**Q** 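Provided herewith is a single structure, encoded as structure tokens, for subsequent inquiry.
The residues of the chain are indexed from 1 along the displayed sequence. As a basis for the values below, the full set of heavy atoms in this structure was taken, side chains included, without hydrogen atoms, waters or symmetry mates. Counting convention: from 1, in listed order, for ligands and their atoms alike. Determination method: X-ray crystallography, 1.7 Å.
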Amino acid sequence: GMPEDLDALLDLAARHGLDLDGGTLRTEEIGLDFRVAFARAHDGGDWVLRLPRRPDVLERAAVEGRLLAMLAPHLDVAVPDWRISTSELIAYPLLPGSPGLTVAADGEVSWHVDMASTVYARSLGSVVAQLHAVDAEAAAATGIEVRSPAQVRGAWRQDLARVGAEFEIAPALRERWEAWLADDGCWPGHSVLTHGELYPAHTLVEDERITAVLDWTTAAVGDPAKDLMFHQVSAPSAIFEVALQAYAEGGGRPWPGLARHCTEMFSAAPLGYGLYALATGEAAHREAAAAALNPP
Ligand SMILES: CC[C@H]1OC(=O)[C@H](C)[C@@H](O[C@H]2C[C@@](C)(OC)[C@@H](O)[C@H](C)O2)[C@H](C)[C@@H](O[C@@H]2O[C@H](C)C[C@H](N(C)C)[C@H]2O)[C@](C)(O)C[C@@H](C)CN(C)[C@H](C)[C@@H](O)[C@]1(C)O
Ligand SMILES: CC[C@H]1OC(=O)[C@H](C)[C@@H](O[C@H]2C[C@@](C)(OC)[C@@H](O)[C@H](C)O2)[C@H](C)[C@@H](O[C@@H]2O[C@H](C)C[C@H](N(C)C)[C@H]2O)[C@](C)(O)C[C@@H](C)CN(C)[C@H](C)[C@@H](O)[C@]1(C)O
Ligand SMILES: Nc1nc2c(ncn2[C@@H]2O[C@H](COP(=O)(O)OP(=O)(O)O)[C@@H](O)[C@H]2O)c(=O)[nH]1
Ligand SMILES: [Cl-]
Ligand SMILES: [Cl-]
Ligand SMILES: [Mg+2]
């Protein structure tokens, strides 16, 4: 859709050297931190605009920029190349391929790639191995969050306590999550650079192969499984094994309990809803988290 502040946005982009055809500028997605728009330049190039919605987003954006600068040479998929990156505007050339899925504003999901795909599984395992191979000290120097295996497991234990102090949690869910936290077989023995929100909305594809990976704000050194989780819970087990095999062939070090860890981690999504509601303070979020934490 045509932005209501179209006028100011063209001025903003031109002040940064980007001469856009204002007819082409349309808002694609309004995130919690960035408004994202597509636009074409008069020289024909296609562009993505990231517009920070509040000044408190800027120091995280600066870390992500540092991350992306060190990361890009290490991966055989494209990542956003922030040719403009200021306090007022980030912009990068539009990356090729189609999002594997798209989540509308009304929450409905449109799928472009099917999770039974062996080609997609192999591609995902390969890209995640390459990311996981990135030197974690070099990644930590960008400013991203860093957790050892003990701190990964400690953070989940702390989150269960913080959420349980503010919400009623169904006893069967608490017992499942306590059993998960207690089970050494589930937990990683090493930390790696991770994407942190790796699912098909952020993997562009062509012919079921990943061409680019978007949206690196959540990148951190931490649990390898978090970048395989969405595939584990959405793909048939035999297709997740194709991704695990590609991961291992690329140098990844999966552990036997990893698939189960992914499914226990996904069952704990309500903890994330509770943490999000505690951060926003909004009534609708609190009520959504409350319902998810104590299901019928
Ligand atoms: C660079 C600025 C332009 O933005 C683009 O070019 C996008 C990257 C482009 O996308 C590019 C890139 C690519 C690979 O799609 C991602 C290509 O297939 C299409 C034809 O053009 C979009 C996503 C197209 O694409 C369709 O939007 C769907 C959400 C997905 C669908 N797909 C799954 C079949 C795809 O056809 C679409 C048909 O142009 C959307 C249509 C409603 C018109 N847009 C509002 C305007 C006019 C755009 O021209 C633009 C904003 O000015
Ligand atoms: C459209 C479908 C295809 O997708 C593409 O073509 C991508 C956009 C392509 O990228 C395109 C487009 C372009 C401009 O790179 C962005 C071109 O230089 C290369 C040769 O092909 C990737 C990103 C190239 O990998 C990139 O190679 C650059 C030289 C460096 C870059 N990174 C290290 C900074 C790295 O991610 C690569 C060399 O293809 C990776 C290689 C290991 C795997 N390919 C062989 C696969 C099978 C692809 O053919 C594909 C998935 O079927
Ligand atoms: N085709 C294409 N889509 C993109 C690109 N960058 C972002 N998008 C789309 O815009 C959405 C929002 O971008 P994202 O970086 O995730 O920003 P967020 O709103 O902060 O989550 C993505 O999920 C994709 O649908 C790109 O380079 N190419
Ligand atoms: Cl906004
Ligand atoms: Cl983590
Ligand atoms: Mg995103």
**Q** What's the drug at ligand 2?
**A** azithromycin
**Q** Which polymer chain sits in most contact with azithromycin (ligand 2), and what is its name in the PDB entry?
**A**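 The main partner is Predicted aminoglycoside phosphotransferase.
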**Q** Under 4.0 Å from a heavy atom of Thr211: which atoms of azithromycin (ligand 2) are those, numbered in the order shown and with their elements?
**A** 1 (C), 2 (C), 4 (O)
**Q** Is there at least one pair of N or O atoms, one from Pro73 and one from azithromycin (ligand 2), spaced under 3.5 Å apart?
**A** no
**Q** Among all the protein's heavy atoms, is there at least one whose distance to atom 20 (C) of azithromycin (ligand 2) comes out below 4.0 Å?
**A** no
**Q** Considering heavy atoms of the protein only, find what lies nearest to atom 52 (O) of azithromycin (ligand 2) and give residue, atom and distance to 0.1 Å.
**A** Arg209 CD, 4.0 Å
**Q** What atoms in azithromycin (ligand 2) come closer than 4.0 Å to a heavy atom of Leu75?
**A**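 Result: 32 (N), 33 (C), 35 (C), 36 (O).
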**Q** Is there a protein heavy atom at a distance of less than 4.0 Å from atom 32 (N) of azithromycin (ligand 2)?
**A** yes
**Q** Return a yes/no value: protein heavy atom under 4.0 Å from atom 1 (C) of azithromycin (ligand 2)?
**A**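 Yes, at least one protein heavy atom sits under 4.0 Å from atom 1 (C) of azithromycin (ligand 2).
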**Q** Please could you name the atoms of azithromycin (ligand 2) that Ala72 approaches to less than 4.0 Å, counting only its heavy atoms?
**A**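 Near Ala72, meaning under 4.0 Å from one of its heavy atoms, azithromycin (ligand 2) has 32 (N), 33 (C), 34 (C).
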**Q** Would you mind checking which non-hydrogen protein atom is closest to atom 8 (C) of azithromycin (ligand 2), with the distance to 0.1 Å?
**A**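 Of the protein heavy atoms, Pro96 CG, 3.9 Å lies nearest.
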**Q** Organism of origin for chain A, per the PDB?
**A** Brachybacterium faecium
**Q** Looking at atom 50 (C) of azithromycin (ligand 2), is any protein heavy atom nearer than 4.0 Å to it?
**A** no
**Q** Under 4.0 Å from atom 36 (O) of azithromycin (ligand 2), is there any protein heavy atom?
**A** yes
**Q** Right, does atom 40 (C) of azithromycin (ligand 2) have protein non-hydrogen atoms nearer than 4.0 Å?
**A** yes
**Q** Can a protein heavy atom be found under 4.0 Å away from atom 6 (O) of azithromycin (ligand 2)?
**A** no
**Q** Take atom 28 (C) of azithromycin (ligand 2) and look for protein heavy atoms under 4.0 Å from it; say yes if you find one, no if not.
**A** no
**Q** To check your reading of the model: name the closest protein heavy atom to atom 24 (C) of azithromycin (ligand 2), its residue, and the distance in Å.
**A** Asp76 O, 4.5 Å
**Q** If the cut-off is 4.0 Å to any non-hydrogen atom of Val77, which atoms of azithromycin (ligand 2) fall inside it?
**A**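 Going through azithromycin (ligand 2) atom by atom, the ones under 4.0 Å from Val77 are 23 (C), 36 (O).
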